[PDB]
Amino acid sequence: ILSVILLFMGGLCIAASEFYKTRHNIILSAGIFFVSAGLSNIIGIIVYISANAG
Amino acid sequence: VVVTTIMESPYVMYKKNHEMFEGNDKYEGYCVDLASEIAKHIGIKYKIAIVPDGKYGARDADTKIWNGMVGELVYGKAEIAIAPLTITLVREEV
Amino acid sequence: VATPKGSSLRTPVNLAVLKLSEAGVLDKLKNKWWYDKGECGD
Amino acid sequence: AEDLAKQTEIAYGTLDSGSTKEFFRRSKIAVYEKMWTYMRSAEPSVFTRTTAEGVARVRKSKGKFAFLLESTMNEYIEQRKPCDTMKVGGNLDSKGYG
Amino acid sequence: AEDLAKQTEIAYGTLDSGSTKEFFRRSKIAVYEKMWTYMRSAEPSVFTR
Amino acid sequence: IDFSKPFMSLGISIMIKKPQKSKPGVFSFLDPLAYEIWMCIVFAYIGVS
Amino acid sequence: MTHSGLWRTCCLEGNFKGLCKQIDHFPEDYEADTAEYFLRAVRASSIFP
Ligand SMILES: NS(=O)(=O)c1cc2c(cc1Cl)N[C@H]([C@H]1C[C@H]3C=C[C@@H]1C3)NS2(=O)=O
Ligand SMILES: CCCCCCCCCCCCCCCC(=O)O
Ligand SMILES: CCCCCCCCCCCCCCCC(=O)O
Ligand SMILES: N[C@@H](CCC(=O)O)C(=O)O
Ligand SMILES: N[C@@H](CCC(=O)O)C(=O)O
């Protein structure tokens, strides 16, 4: 679920990057969210597989 | 019929509420479902009756008195002993 | 081990087979005519 | 069963007035006979009144006692709580219920 | 000796008129007896001179 | 006929022509680790980079 | 002893010394694993050599 939230948050930063064009840290914030979302997806897959081994 | 059986597990257990039923309904296990099947075919009304002395059965060499289920049948205190009763020679002659 | 209906050789045969089981006879018979005959054991 | 003869610290017994006890008494085997004499003269009482007492005693024993019983009763205890008993070794004789 | 009973392709025998041969003949053991009968009826001659 | 007590124990069973031992697969070098680990190693490799 | 070749095997020291026979690259002895059927197809046709 956290991965879904981070991807949604990253999308808003991309969407907001066409209004506040002067600001540049918005594009960086999106990059962190999409990378962080990927790392959260790794944990979810590992936990799901590990639990099914119980 | 007076069925003779002994309190073991999972042969004759009890339910989570064993204070309120009445009769054979209160017994559950492997030798109570088998007894139902054995009596549904032959067509008899069995009555479960837990062995009083509470032993599987043996013969005291001293007095030759057969105790337990095996000794609960030779005298005439029951007919059908549906329980775990291994087959041995000491019991095959009685 | 069967026997014809009424045959007086029912009660001695039954008990007999039960004698062999409590003496370690049957178990040894099985171990010898089965396991020992193993011609294909890295 | 042979491994029991290899030691004496660990005790063992059989249920009273039950087929298993009668088997050792009349067993004319070299190993089974030995066991019948070890337990009959061993203090305190190893021949438990009921199976429930014997199994519980082995649990509290922590490994110094081995309970000898039929396989069928040895399969609704290893798969039931607290799941602290295990069957070691095959069967000694082939018998059935009736 | 037991491992011999596990197979039949490999043959075996004992010297003639020698203590070893007499041991199997009169051995009242379960395994040794079996061997005495395997060799006595086995062709060709395993009992070397 | 009046049967007696079982002297031995049996039971129906399927017999099949013993299938010869197989040759380890062409990609047997992936066997030491489960398919899940290989999948996660790829994800870790991408994530770390 | 046979000096087997890529296509046909022949005879060496023996009763026959020149007799050659086309090798049967698909011998029937069982089952033909789909990965084993494609190895013997590439072998038989010697496409790579
Ligand atoms: N293990 S076995 O199949 O060789 C084997 C199987 C069996 C044997 C004896 C042997 Cl040796 N005897 C028992 C018999 C003894 C008494 C208990 C059950 C019957 C009456 N039947 S069995 O349980 O079918
Ligand atoms: C619970 C784990 C959360 C992981 C995801 C959190 C990502 C946070 C991203 C913040 C980016 C900030 C970049 C701009 C910083 C600045 O203003 O200097
Ligand atoms: C890009 C060109 C690549 C050429 C080399 C690829 C060779 C692939 C394998 C060819 C032979 C395969 C034989 C069957 C193997 C098997 O399934 O056991
Ligand atoms: N039920 C068996 C005995 C069971 C046991 O000794 O554990 C009998 O016929 O006596
Ligand atoms: N030395 C043996 C003969 C050799 C053997 O028995 O193998 C004997 O006293 O007869």
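Below, read A as the first sequence line, B as the second, and so on, with proteins coming before strands; counting in each chain starts at 1. Basis for what follows: all heavy atoms, side chains included, without hydrogens, waters or symmetry-related copies. Every number for a ligand or one of its atoms is a count from 1 in the order of the listing. What you see here is only part of the deposit, and the contact count is restricted to that part.
- The drug seen at ligand 1 is recorded under the name cyclothiazide.
- In the deposited model, most contacts to cyclothiazide (ligand 1) involve the chain that UniProt calls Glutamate receptor 4.
- Other chains with a heavy atom closer than 4.0 Å to cyclothiazide (ligand 1): B, C, D, F.
- Residues with a heavy atom within 4.0 Å of cyclothiazide (ligand 1): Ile87(B), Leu18(C), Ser21(C), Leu26(C), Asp27(C), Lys30(C), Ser94(D), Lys95(D), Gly96(D), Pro6(F), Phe7(F), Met8(F), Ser9(F).
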